[PDB]
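Quick look at a structure containing darunavir.
Letters A, B, ... label the chains, following the sequence lines from first to last. Using the numbering of the PDB entry, the residues shown for chain A are 1-99, in order. Residues 1-35, 38-99, in that order, are what chain B shows, numbered as in the PDB entry. Basis for what follows: all heavy atoms, side chains included, without hydrogens, waters or symmetry-related copies. When a ligand or atom number is given, it counts from 1 through the structure's own listing order.
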Amino acid sequence: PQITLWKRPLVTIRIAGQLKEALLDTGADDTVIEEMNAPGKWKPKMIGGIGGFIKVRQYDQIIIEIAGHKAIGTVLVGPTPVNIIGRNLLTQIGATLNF
Amino acid sequence: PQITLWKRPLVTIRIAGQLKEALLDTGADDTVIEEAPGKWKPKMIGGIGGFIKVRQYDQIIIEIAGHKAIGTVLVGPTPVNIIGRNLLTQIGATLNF
Ligand SMILES: CC(C)CN(C[C@@H](O)[C@H](Cc1ccccc1)NC(=O)O[C@H]1CO[C@H]2OCC[C@H]21)S(=O)(=O)c1ccc(N)cc1
């Protein structure tokens, strides 16, 4: 798809069988999701955003379908204003900015 | 141009002759930069880690990667300068995959 930016670039993702809405976020290095049902082991991590730092659970090697395209990578689970798909997974699905 | 996302999508911007680097950010509703005169309205914007207080300037002419845009620029303690959707739309930016 070609996604214009008059509205928030929100898409449906599928992550461990669950459907969620997430924001395609070119300003995000990392992918941050509010909650997820992955059975794997995880590691505690901290990340900073515009407002300060948060604690997240780092899951590696998570399978996620982003608007039909498969990605397999790191997902951070913690408090975000909205689920964000960052560059670590945008690169995988072949996303570029074009103007 | 086409900008891949292997690295942070940073471009040069220019305000009133003043050069800065800024992130082309589809996740940001509005453009926010760290640096002053003119009329401005108080605003708060939030993301990971909470909210920051910013000054809202309207109808600012900015040049983004060589393309002129006119619109809202927020000014405040953002850790990175951010070109948001309000101005990305004006330079005809899309996300493609
Ligand atoms: C979280 C989004 C819904 C909104 N953010 C835009 C976002 O692209 C920021 C933009 C950003 C970029 C760098 C530093 C702070 C904010 N990225 C971000 O928080 O990414 C985090 C996840 O990956 C990490 O990589 C960078 C920070 C971490 S935001 O910066 O808070 C923001 C919110 C409102 C406006 N108007 C402008 C910006």
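- Here, the chain sharing the greatest number of close atom pairs with darunavir (ligand 1) is referred to in the PDB entry as Aspartyl protease.
- Within the structure, the other chains placing a heavy atom under 4.0 Å from darunavir (ligand 1) are, by letter, A, B.
- Binding site of darunavir (ligand 1) at 4.0 Å, heavy atoms: A:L23, A:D25, A:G27, A:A28, A:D29, A:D30, A:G48, A:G49, A:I50, A:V82, A:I84, B:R8, B:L23, B:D25, B:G27, B:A28, B:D30, B:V32, B:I47, B:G48, B:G49, B:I50, B:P81, B:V82, B:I84.
- Scanning all protein heavy atoms for the shortest distance to atom 13 (C) of darunavir (ligand 1) gives B:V82 CG2, 3.9 Å.
- Annotation: atom 10 (C) of darunavir (ligand 1) to nearest protein heavy atom, B:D25 OD2, 3.4 Å.
- Listed by number with element, the atoms of darunavir (ligand 1) under 4.0 angstrom from any heavy atom of B:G49 are 31 (O).
- Among protein heavy atoms, atom 14 (C) of darunavir (ligand 1) sits closest to B:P81 CG, 3.7 Å.
- Taking only nitrogen or oxygen atoms, main chain and side chain alike, A:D29 reaches within less than 3.5 Å of darunavir (ligand 1).
- Polar contact with darunavir (ligand 1): absent for B:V32 (N/O pair, distance under 3.5 Å).
- Annotation: atom 16 (C) of darunavir (ligand 1) to nearest protein heavy atom, A:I50 N, 3.8 Å.
- Between B:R8 and darunavir (ligand 1), not a single N/O pair is under 3.5 Å apart.
- In the vicinity of A:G48, heavy-atom distances shorter than 4.0 Å reach the darunavir (ligand 1) atoms 27 (C), 28 (C).
- Looking only at heavy atoms of the protein, atom 38 (C) of darunavir (ligand 1) is closest to B:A28 CB, 3.7 Å.
- With respect to atom 18 (C) of darunavir (ligand 1), the closest heavy atom belonging to the protein is A:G27 O, 4.0 Å.
- Per the entry, the source species of chain A is Human immunodeficiency virus 1.
- Checked by distance only, darunavir (ligand 1) and B:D30 come closer than 3.5 Å through their nitrogen or oxygen atoms.
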Give every pair made of an N or O atom of darunavir (ligand 1) and a protein N or O atom lying under 3.5 Å apart, one pair per line with both atom names and the distance to 0.1 Å, or write 'none'.
| unit_1 | atom_1 | unit_2 | atom_2 | d |
| --- | --- | --- | --- | --- |
| darunavir (ligand 1) | 8 (O) | A:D25 | OD1 | 2.5 |
| darunavir (ligand 1) | 8 (O) | A:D25 | OD2 | 3.3 |
| darunavir (ligand 1) | 8 (O) | B:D25 | OD1 | 2.9 |
| darunavir (ligand 1) | 8 (O) | B:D25 | OD2 | 2.5 |
| darunavir (ligand 1) | 17 (N) | A:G27 | O | 3.1 |
| darunavir (ligand 1) | 23 (O) | A:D29 | N | 3.3 |
| darunavir (ligand 1) | 23 (O) | A:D30 | N | 3.1 |
| darunavir (ligand 1) | 25 (O) | A:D29 | N | 3.0 |
| darunavir (ligand 1) | 25 (O) | A:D29 | OD2 | 3.4 |
| darunavir (ligand 1) | 36 (N) | B:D30 | N | 3.4 |
| darunavir (ligand 1) | 36 (N) | B:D30 | O | 3.1 |

